[PDB]
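Contents: one structure, followed by commentary.
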Amino acid sequence: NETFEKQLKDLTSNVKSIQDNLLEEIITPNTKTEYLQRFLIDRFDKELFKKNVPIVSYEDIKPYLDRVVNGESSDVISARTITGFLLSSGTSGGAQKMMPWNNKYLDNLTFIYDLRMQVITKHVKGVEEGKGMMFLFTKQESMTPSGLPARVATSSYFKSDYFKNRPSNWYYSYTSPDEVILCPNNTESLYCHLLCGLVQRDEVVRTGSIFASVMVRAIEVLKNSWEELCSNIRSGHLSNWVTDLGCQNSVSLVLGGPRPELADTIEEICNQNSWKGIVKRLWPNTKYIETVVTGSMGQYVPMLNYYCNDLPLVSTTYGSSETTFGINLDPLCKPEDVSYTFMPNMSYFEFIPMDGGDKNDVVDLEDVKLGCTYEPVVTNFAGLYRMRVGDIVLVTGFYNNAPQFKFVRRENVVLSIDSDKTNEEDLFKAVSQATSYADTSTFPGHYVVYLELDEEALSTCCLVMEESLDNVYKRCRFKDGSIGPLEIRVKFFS
Ligand SMILES: Nc1ncnc2c1ncn2[C@@H]1O[C@H](COP(=O)(O)O)[C@@H](O)[C@H]1O
Ligand SMILES: O=C(O)c1ccccc1O
């Protein structure tokens, strides 16, 4: 508390000096990299940096990134060794962007985890002796020619000691064994998350996932699997179809032995007329749902409130493959009122105005204007200098001297159900090969493109349209099952 109260007041009061000091911390060891040498940055000088280092897009610097991805020394862009890459949900030329990465990403990520934990406990009581049923997933890595792995942000965390050796307190205590969280087969691991959460239902004081789409999926899978889950509880055995050795061993220990009475109890709850409030009925000690409900995830809020009996939905964190940005300092607000306060120790932040309210070319964090929209620009600890993020944010206020931002949209994105972010360009290519709407009225959600009939021909249209989308889409569609068959309404399905 005392340490935290002071910590937060300082971070948010001293933004100007923290940002300027951070930029010096980044630039000084990097003055001899090929990249900074190119732009004649031979010492820390903020004015020369702003004047001479260009504001770049991913495509602008891809030739440097490709070199590091292929095995060239990371000193071309960063004197802090690059030890891996992050796979962005954002795409470049149909291929997922690969951002450079090192353990500073995890230093900052864990800093934010500890900070948001304190923010939550300040405002929410009755959580410190319980566990969380957190639907957390690991995604198998992709190998690059350099031999370094490329992972999604949270997988870079789970597959590290930052997670394995995390703090032993309520916030880091889950109903699922680590083996379940680490399991790269997410169909198996989601089933196991639910089973373990049910067995330990009285201990659950929070539940959630990174994004709302995954929370909704977990509930939908519960609705479709409860009979089987209860049979495992009754018998004290995990279903044979789960092949992961880690899950088998760890979940067997959670089960312990036959629990016919607990099975009866759960079955009676699931057999009611309606699924309304099911989360709070199965997990009666839950204090809040922890999941992002901003941006494209806002579409899931009505379903969440239905299943959770208006438990608070707490949307804590805004982050990307470039850097974690910051957190929600008013966690108990309504989803539509969520703003994120950037933390000035994360990266050096600049902002390009996206409307007429601010006529500058680019501005520092401390200079953004209320009610104006911007694209964030990031200088980080892994070789990105003044990189455009492609998101649009709106200044809603200032907490002490720290600007607070509403997430508006990812620029150019037209369709999003889960982690997929299909942009106008991808959709143009698809309809060529052949308007739209993201339908989440049913699960899973699915794309809907408005365009007797040759049903073979129009079913092939749906097909070639999907085949032209990106790898994130195809993973959600064919592997996760988080996205259903694309639908063309002239109705035909892929
Ligand atoms: N709290 C949030 N609310 C809305 N969108 C978010 C949030 N956090 C991340 N995102 C979006 O998800 C994108 C994915 O980042 P990346 O890890 O590069 O795929 C971000 O750039 C944002 O567009
Ligand atoms: O790690 C998280 O909890 C997180 C949440 C939202 C966006 C990016 C993130 O890494």
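The chain is numbered in sequence order, starting from 1. First listed ligand is number 1; within each ligand, the first listed atom is number 1.
- Present at ligand 2 is the drug salicylic acid.
- Here, the main chain in contact with salicylic acid (ligand 2) is recorded in the PDB entry as 4-substituted benzoates-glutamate ligase GH3.12.
- The residues lying within 4.0 Å of salicylic acid (ligand 2), counted on heavy atoms, are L109, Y113, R116, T154, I210, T317, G319.
- In this PDB entry, the source organism listed for chain A is Arabidopsis thaliana.
- Among all non-hydrogen protein atoms, the one lying nearest atom 10 (O) of salicylic acid (ligand 2) is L109 CD1, 3.9 Å.
- When hydrogens are left out, the protein atom nearest atom 4 (C) of salicylic acid (ligand 2) is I210 CG2, 3.9 Å; that is the closest non-hydrogen contact.
- UniProt salicylate-binding residues of chain A with a heavy atom under 4.0 Å from salicylic acid (ligand 2): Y113, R116.
- Distance check for atom 7 (C) of salicylic acid (ligand 2): a protein heavy atom is found below 4.0 Å.
- Regarding atom 1 (O) of salicylic acid (ligand 2), its nearest protein heavy-atom neighbour is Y113 OH, 2.7 Å.
- Residue-to-ligand polar distances keep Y318 apart from salicylic acid (ligand 2): every N/O pair is separated by 3.5 Å or more.
- Per UniProt's AMP-binding annotation of chain A, a non-hydrogen atom lies under 4.0 Å from salicylic acid (ligand 2) in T317.
- Taking every non-hydrogen atom of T154 and a distance limit under 4.0 Å, the qualifying atoms of salicylic acid (ligand 2) come out as 1 (O).
- Residue-to-ligand polar distances place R116 within reach of salicylic acid (ligand 2): an N/O pair is separated by less than 3.5 Å.
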List salicylic acid (ligand 2)'s nitrogen or oxygen atoms that come under 3.5 Å of a protein nitrogen or oxygen, with the partner atom and distance.
from: salicylic acid (ligand 2); atom 1: 1 (O); to: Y113; atom 2: OH; distance (Å): 2.7
from: salicylic acid (ligand 2); atom 1: 3 (O); to: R116; atom 2: NH1; distance (Å): 2.9

